[PDB]
Engineer: 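Before my questions: this is aminocaproic acid bound to Angiostatin.
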Amino acid sequence: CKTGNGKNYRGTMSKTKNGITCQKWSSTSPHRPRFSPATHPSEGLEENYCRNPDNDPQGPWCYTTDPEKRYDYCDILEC
Ligand SMILES: NCCCCCC(=O)O
């Protein structure tokens, strides 16, 4: 969840909505989008994070090192 859309959180480590080990923002060759532009609200996409620099108020999104488990939000404490 967004216990602060750029202020406070915990599951932002690198785990999806439940706790699926997110990615490191590498790329689609192995597996990972091309996220990183500055025209985004923010950019807390630190190595392997979950935030909302795209458009997912419902919850901080985040992809992962693999397809079957490419994405979902982060297991960040509620808000
Ligand atoms: N609204 C989420 C789309 C951007 C999240 C990253 C991705 O989909 O590759």
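By the PDB entry numbering, chain A shows 1-79, in order. Ligands are counted one by one from 1 in listed order, and the atoms in each one are counted from 1 as well.
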Engineer: Indicate which ligands or chains correspond to aminocaproic acid.
Structural biologist: ligand 1
Engineer: Which residues form the binding site of aminocaproic acid (ligand 1) when counting heavy atoms under 4.0 Å?
Structural biologist: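 The heavy-atom cut-off picks out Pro33, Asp54, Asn55, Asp56, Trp61, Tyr63.
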Engineer: If you map the residues of chain A that touch aminocaproic acid (ligand 1) onto UniProt domains, which domain comes out on top?
Structural biologist: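 The answer is UniProt domain Kringle 1.
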Engineer: Which atom of which residue holds a covalent link to aminocaproic acid (ligand 1) as deposited?
Structural biologist: none
